[PDB]
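For reference, the structure discussed in these notes is given below.
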Amino acid sequence: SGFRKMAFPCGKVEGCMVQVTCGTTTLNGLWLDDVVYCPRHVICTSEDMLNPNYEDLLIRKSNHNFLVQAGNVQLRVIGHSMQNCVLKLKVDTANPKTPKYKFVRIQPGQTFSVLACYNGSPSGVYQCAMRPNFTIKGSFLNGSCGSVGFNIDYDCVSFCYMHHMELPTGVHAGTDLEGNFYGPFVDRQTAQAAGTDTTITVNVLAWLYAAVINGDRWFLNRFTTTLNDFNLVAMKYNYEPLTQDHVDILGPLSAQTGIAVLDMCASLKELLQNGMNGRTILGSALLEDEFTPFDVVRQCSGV
Amino acid sequence: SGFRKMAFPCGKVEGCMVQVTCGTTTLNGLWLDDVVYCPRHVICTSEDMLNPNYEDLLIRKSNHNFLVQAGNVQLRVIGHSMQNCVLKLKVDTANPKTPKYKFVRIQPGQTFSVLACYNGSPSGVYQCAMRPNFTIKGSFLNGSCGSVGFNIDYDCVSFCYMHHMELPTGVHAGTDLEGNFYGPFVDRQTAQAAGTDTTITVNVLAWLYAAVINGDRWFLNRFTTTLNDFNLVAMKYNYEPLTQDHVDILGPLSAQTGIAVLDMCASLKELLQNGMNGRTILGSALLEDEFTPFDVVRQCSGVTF
Ligand SMILES: *[C@@](O)(CO)[C@H](C[C@@H]1CCNC1=O)NC(=O)[C@H](CC(C)C)NC(=O)c1cc2c(OC)cccc2[nH]1
Ligand SMILES: *[C@@](O)(CO)[C@H](C[C@@H]1CCNC1=O)NC(=O)[C@H](CC(C)C)NC(=O)c1cc2c(OC)cccc2[nH]1
């Protein structure tokens, strides 16, 4: 029993992080087989980063312009290309610690583990959720560009995120491993705003089931609601609408606890209209939305 | 920027996790050089665990009754001994992935990363604080015993926790790597209850220095206090008393902000006595007590290992 924000063990990714330096600019890269992936803005100078014509800057670079260090060893770049915002540095040595891996694009509301690195050295690991406005609430300082987010299924690492930027509001943005940004952001040195953030409703409900499995029931009530009447109220509070697919994904948690999904929606509607009266749920004073149904099932199955 | 509960990268520990079985009883162990460390109750049957005599139960066992597996590879056991509630099993292969390491016994309030494991396979990692009642608010399922907690300093892994028990209330209890429980618990299949918990004062202060560093400082008052007066007041709110070590580890954050520890204590004292007054700190109206001063430093300064 217990419920905690939990990340995947990150050893398989640790063995892939390297340092990439071009000029006076240094960040992290991801070394898989004989390719090192890193944010392309590493080729920029301070003045370039203001409005980088990346294809122009890139053609003017040579392989020897790129210093790639893996621990003590320096890797020799034998080629360089660009895939959207991701620089691909070819090296003469394949990483022997390359796990089975895949590149995937995560959807909003889904979670992943982030391995935060500095100068190519892993510094910490934590779980994040892709917000509906395609930002993430991470913990990233100068030099963390090139850090990657990932899930693991069996022995296969699914890479979904590479970090590029911190918005003025302090949330974070980045790309998939094909170099496409999540959201409407751009890798230039400008202050950028995200769209209006909404709350991930299916995740809040999963976390309410988790609280019940762990003995917290004070927010429960006898009422039920229709799906549409629930969504009318949820939208009013800037919650995403709950789809029938979401209802279905919650099935296992409904079964385990014996609380129908539409019953638990009536509790959430009461919480949104009434607040929490200074009470807490799983130790939190706010309604937590960064836990997926599957995050809950995998920690609370059998409890 | 941003502030999260962050674990240490756990690769160096994953390469050390193994499975230990005796009869049908299975749990996790820690493979360092040519020794495997694990909870001694692996030698119990389900019925033995009700009222075990571990000395008696161990006299019955030989090296060849112990199944130790790294993945599906068996490590032959060539010696065995018991130290408090930990079993040590000598094996015929020195772990080639052994990191630089040490065994440490941490204080209440200290945090550590937990590598949750099942059948010798790491499954998740998360951060925990040792509560003042010597429990941890963990997330542990059946088969998790022998999971370890650790910190990483430079390249050295400091092991501080081995998992043994879930209490009725849903919190967790265990030992250090020398087999000595944190708290008044015993490894026996019985419902045991922990003392009343308290708030970790040194960590709340750390979190307040964090807020100041970030420009959020409305709560700073013009008062100061003695350490003894603060301790006596803090206890009336269920806050833990500060030690000299606590004052000393707050030193860096005190110098960084220019706010003396006892001045921050007088500010915290006011927050306790008058409440928050509809205001928040770092986004929260709840005072946070599971970040140590090193966590605050490590996260606001990006230290690596
Ligand atoms: C990478 O380390 C750069 O290599 C760095 C990410 C962070 C810096 C602090 N916390 C982080 O996560 N990323 C940047 O510095 C990016 C670089 C771009 C993509 C070329 N820049 C920003 O994130 C950024 C720029 C600006 C800005 O300008 C003007 C104004 C306001 C906010 C802002 N964020
Ligand atoms: C280990 O995996 C045992 O090998 C297991 C830890 C958990 C089980 C569920 N979640 C966990 O973290 N530990 C136990 O099962 C221990 C075994 C002891 C050390 C012999 N027992 C308990 O944790 C336990 C027993 C009882 C109990 O009795 C009856 C009554 C109430 C609570 C309780 N917890």
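Chain letters follow the order of the sequence lines: the first is A, the second B, and so on. The numbering of chain A matches the PDB entry: 1-303, in order. Numbering of chain B is taken from the PDB entry, so the residues present carry the numbers 1-305, in order. According to its header, the structure was obtained by X-ray crystallography, 2.0 Å. In each ligand, atom 1 is the first atom listed, and ligand 1 is the first ligand listed.
- Modeled at ligand 1 is a drug that PDB records call PF-00835231 (bound form).
- Bound to PF-00835231 (bound form, ligand 1) with the most contacts here is the chain that UniProt lists as 3C-like proteinase nsp5.
- With heavy atoms closer than 4.0 Å, the chains neighbouring PF-00835231 (bound form, ligand 1) read A.
- Of all the atoms in PF-00835231 (bound form, ligand 1), the ones that sit under 4.0 Å from a non-hydrogen atom of A:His172 are 12 (O).
- If you number the atoms of PF-00835231 (bound form, ligand 1) from 1 as listed, the ones under 4.0 Å from a heavy atom of A:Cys145 come out as 1 (C), 2 (O), 3 (C), 4 (O), 5 (C), 6 (C), 13 (N).
- On a heavy-atom basis, rounded to 1 Å, the UniProt active-site residue of chain A that sits closest to PF-00835231 (bound form, ligand 1) is A:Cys145, 2 Å.
- Looking at the model, one finds a covalent bond between PF-00835231 (bound form, ligand 1) and A:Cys145 SG.
- Of the options A:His41, A:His163, A:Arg40, A:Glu166, the smallest heavy-atom separation from atom 4 (O) of PF-00835231 (bound form, ligand 1) is shown by A:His41.
- The UniProt domain of chain A holding most residues in contact with PF-00835231 (bound form, ligand 1) is Peptidase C30.
- With a 4.0 Å cut-off on non-hydrogen atoms, A:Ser144 touches PF-00835231 (bound form, ligand 1) through its backbone as well as its side chain.
- Other-chain residues and nucleotides with a heavy atom under 4.0 Å from PF-00835231 (bound form, ligand 1) are A:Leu27, A:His41, A:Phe140, A:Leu141, A:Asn142, A:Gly143, A:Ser144, A:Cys145, A:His163, A:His164, A:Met165, A:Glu166, A:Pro168, A:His172, A:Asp187, A:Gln189, A:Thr190, A:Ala191.
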